[PDB]
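Data first, discussion second: the structure below is written as structure tokens.
Chain IDs: alphabetical, in sequence-line order. Residue numbering for chain A follows the PDB entry; the residues present correspond to positions 4-535, in that order. Note that chain B carries the PDB entry numbering, so the residues on display, from first to last, are 4-535. Start at 1 and go down the list; that is how both ligands and their atoms are numbered.
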There are 2 protein chains.
Amino acid sequence: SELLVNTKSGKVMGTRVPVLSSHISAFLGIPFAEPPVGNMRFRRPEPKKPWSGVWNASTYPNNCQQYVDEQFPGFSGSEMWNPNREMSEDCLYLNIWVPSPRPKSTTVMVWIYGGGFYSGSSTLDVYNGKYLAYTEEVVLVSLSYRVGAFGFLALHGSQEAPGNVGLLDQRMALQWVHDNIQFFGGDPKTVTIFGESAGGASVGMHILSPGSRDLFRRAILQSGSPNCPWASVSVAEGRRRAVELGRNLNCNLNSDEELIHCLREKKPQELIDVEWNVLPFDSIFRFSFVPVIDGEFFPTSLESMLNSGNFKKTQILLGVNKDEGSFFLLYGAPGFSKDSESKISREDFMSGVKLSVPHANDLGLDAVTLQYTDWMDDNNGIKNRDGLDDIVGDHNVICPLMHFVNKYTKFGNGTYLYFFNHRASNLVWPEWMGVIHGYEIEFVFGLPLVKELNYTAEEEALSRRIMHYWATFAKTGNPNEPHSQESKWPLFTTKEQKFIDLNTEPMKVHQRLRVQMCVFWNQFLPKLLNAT
Amino acid sequence: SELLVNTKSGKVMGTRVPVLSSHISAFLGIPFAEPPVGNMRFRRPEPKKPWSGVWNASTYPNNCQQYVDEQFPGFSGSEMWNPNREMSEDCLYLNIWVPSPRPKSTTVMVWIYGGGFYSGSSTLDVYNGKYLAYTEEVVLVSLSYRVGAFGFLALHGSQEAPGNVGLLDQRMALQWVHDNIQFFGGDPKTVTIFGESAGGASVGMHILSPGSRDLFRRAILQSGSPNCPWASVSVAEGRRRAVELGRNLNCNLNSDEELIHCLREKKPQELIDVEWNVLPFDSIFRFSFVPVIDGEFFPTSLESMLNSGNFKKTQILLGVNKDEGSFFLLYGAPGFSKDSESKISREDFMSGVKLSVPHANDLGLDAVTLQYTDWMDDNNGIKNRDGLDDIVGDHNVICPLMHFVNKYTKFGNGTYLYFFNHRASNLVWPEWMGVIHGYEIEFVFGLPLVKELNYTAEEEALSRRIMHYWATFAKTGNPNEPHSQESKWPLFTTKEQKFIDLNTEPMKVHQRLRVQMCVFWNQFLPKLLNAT
Ligand SMILES: C[N+](C)(C)CCCCCCCCCC[N+](C)(C)C
Ligand SMILES: C[N+](C)(C)CCCCCCCCCC[N+](C)(C)C
Ligand SMILES: *[C@@H]1O[C@H](CO)[C@@H](O)[C@H](O)[C@H]1NC(C)=O
Ligand SMILES: *[C@@H]1O[C@H](CO)[C@@H](O)[C@H](O)[C@H]1NC(C)=O
Ligand SMILES: *[C@H]1O[C@H](CO)[C@@H](O)[C@H](O)[C@H]1NC(C)=O
Ligand SMILES: *[C@H]1O[C@H](CO)[C@@H](O)[C@H](O)[C@H]1NC(C)=O
């Protein structure tokens, strides 16, 4: 049977699913870890105990326990990112889409979802891998990992809650793929991991971490970077936050064992209820429980690893969207609302800056303001709004990624950089939000090939073009077809710094992605803050 | 006799001079002070002792002792600014051009030359007031003042060399005009003082100084401002420089009397030979002996006087040229030469910045570099050259003037601001220098009406238009004709900040003269340097 596959963990039974007037095989909800429940909450993941008989893999698994965005109840723009299955701590499962007939040894792509390390699901409509698997003839895997305190509570020194367990969940899924994907027709030595936002930072993190490097061949990072300022905290700061979480839940605080024991007695929703109360500052684009620079998973500071070339040397493909910031301003910054065009006064602009750069002393805030203010017309609400949008996107996504790109490319074996700047015609969010954080994913996963979802023909053409770049890159380390002629995506070098736009217009080539502003964020501002 | 005028100081005899196929009267070399020679070197000026008989005022006087630019021997571009008469310490004279027939009580304009407070002459071809006097029916006076150590050696506490004596020379000329100009047909209560660069700063300084305010009605400042960073030093710094001058000349240094006595025995050229050796830094646009913030001439810091409105409240007209910096880069900055287009490498750009902002710590230099560098194309020698040009012009001229303008306008009775951006067609300096420091003066003085000097018809039209603005403003406090219609020069307000271009093209109106960069120089950079 094509739907029956025998793995090292045991037999699994998939389901035949339809896709674009054809069919392929899907193996959903396959366990790769012991349910991290009870005394195992906050601990490292254990490998799943092998099972006898047949594991039913015909339906999606539960999603990991997490904060649920109810800011816009009944609004598909926001609700499409929420869990679409029951939440449970028993959530460590993966999903596999396999072409029909089953291939022998083909390219594997493993998706790692984002969601600020506080949310995310493998099971979203928009992450359904069937279109990519069918169209590009790849084995598409999506994994899950613990989020929030469950995945990232960090009390360094303890073995009961060491930190980074969410990242170890990802590694365990990758280990399981490396060990078993061959039985699904996948080629375990041609695995490309890829993810968006926190997923893209995670990808970067496995590139850095010695314990993960051998479990994949190459990587794609979308709108996310391991060095992002939101994506990791110090041991001291992880500790402070964990202790503060216990303080919110009336826990005994005079030792780790006491603290952790108390946190384990709590129901999951109690932890989620107070999760946001531990942030050190009034801020946007900052999440409570994130990876920790622990000296184990990351042997040293991210920056020194990058300078010394202490990382996996392979091919990467990465990029960003035009308007990464707009989501976080709508949710947090004063003046912004979903149903107005959110023209921002000078007052709200100043408030926005402070929220965007929470560490900054006054001089730093002045430096940012000066850099993003048109003083010929500083009461223009459109320019204030768009300028804040740029501040948030540059500081948190684009400029960290450009620093990663520039550092990686010195030691790596091939970089390809993109700038995605097409706003989907059927987007339900307002116009001011522009090309929004997260809305290249639907193009990457082929949703525009589905007519019912009401994309334009030009958007179908762009989605196919992107899927082919991603998959071809996964296969070969190069997004370009060996023989073809519709503009080659040129290699990114230190010297020339070429990248491409990804939109419906005929593809042009550019250089030095937001270099002016990123020199500000990567060179000047940190030196200003260091000297004051 | 029309050429014989009886003054409070005594009778003077002028000469009939030709101008544009007509004639007017000229009274050249009229003394207004005792020759400040011998024991009077460095002292305050004394009023000229009245004389009997007739003083011959038919030829220009001697020029004050000064450094002579021999950087381009035989080059008219530079030599037109050099002394054209014998140099002598006996140099305190003024010149008056009077319409024919002599008027009864008409508008007076008093010219104060520039030259970094280290050079200048009342007698240059380009400062000949006959064209302005004839064309606009004004009495045109040009005064002289001591420069260099002679005019500005400052040992605060001593009465033998208190500082600011060059400025007191200017005041004494103004006193003499206030007392005597009526006998030349001038109206002493409608006197407009005007000057360029150091002359324009001087104008500003008499506006500030209580002892000068009553001696004129209104003011015009061209490319110069009292608050310019080059135009004044502290008491401590004046003292240091004076002592260092004596150290260069082998003087006894253990007291002021000893020091001053020694400096007085020296021939004038000995002082000039070492004058440049006392600058505290490697720098451009900085001059050794300048006005001092002494608590007498300026009762407090310039900035506090400006904030508190401690200044003469009248009408002013002021402005700047597009490329104020280019002179000082040619003379001092590496990479720049007169006979090449002076494309500047990244190395020379960094060297240039440091010379332009000599106080700055490393972070300040970084801030300036970032502000004036196109990082999409940072090896472009044209942009590096032009960017340095802008740095020097903004820091030293435009942005100080805009700070003066904004402060003055809160308490004043009328401001009119111009941006002069026409490059004269017959300029002998290279193209890269643009619209050069000092080259609006020839338009202000009407030289383009002389056909032999080879200006275009369009340049004659511009010169007449400028002379009429200047003179009309001098008469009324408004450059605009009560009834006319060829675009009114609008008033500068705090709110709207309107100014006009001065060029051959049809006059358009703008706002917020270089606000982006001047916010950098006036608000941000000083706050950065203060906090580091
Ligand atoms: C402290 N609380 C409870 C108030 C606010 C937490 C919820 C705000 C989410 C912040 C991230 C903004 C982006 C959200 N998106 C992309 C997920 C919809
Ligand atoms: C230290 N020394 C003897 C070497 C150099 C002093 C002479 C350089 C003059 C500096 C001002 C530049 C502008 C000169 N202009 C406008 C007057 C021609
Ligand atoms: C990648 O590695 C191969 C083989 O080791 C080498 O020949 C090639 O130059 C490399 N390519 C890039 C773009 O670094
Ligand atoms: C100048 O002063 C006059 C009379 O004192 C006053 O009426 C007028 O408003 C003032 N004009 C400006 C432009 O300040
Ligand atoms: C799982 O597969 C079984 C066959 O063993 C099937 O009957 C069932 O419908 C599937 N699970 C469901 C519906 O939850
Ligand atoms: C000054 O005027 C006298 C008349 O007293 C005249 O002879 C002489 O030419 C003038 N001065 C000169 C030429 O230096």
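Looking at ligand 2, one finds the drug decamethonium. The chief contact partner of decamethonium (ligand 2) in this model is named by UniProt as Acetylcholinesterase. Counting only heavy atoms under 4.0 Å, the other chains near decamethonium (ligand 2) are B. By minimum heavy-atom distance to 1 Å, the UniProt active-site residue of chain B closest to decamethonium (ligand 2) is B:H440, 5 Å. The search for other ligands and ions under 4.0 Å from decamethonium (ligand 2) returns nothing.
The residues lying within 4.0 Å of decamethonium (ligand 2), counted on heavy atoms, are B:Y70, B:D72, B:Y121, B:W279, B:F330, B:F331, B:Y334.
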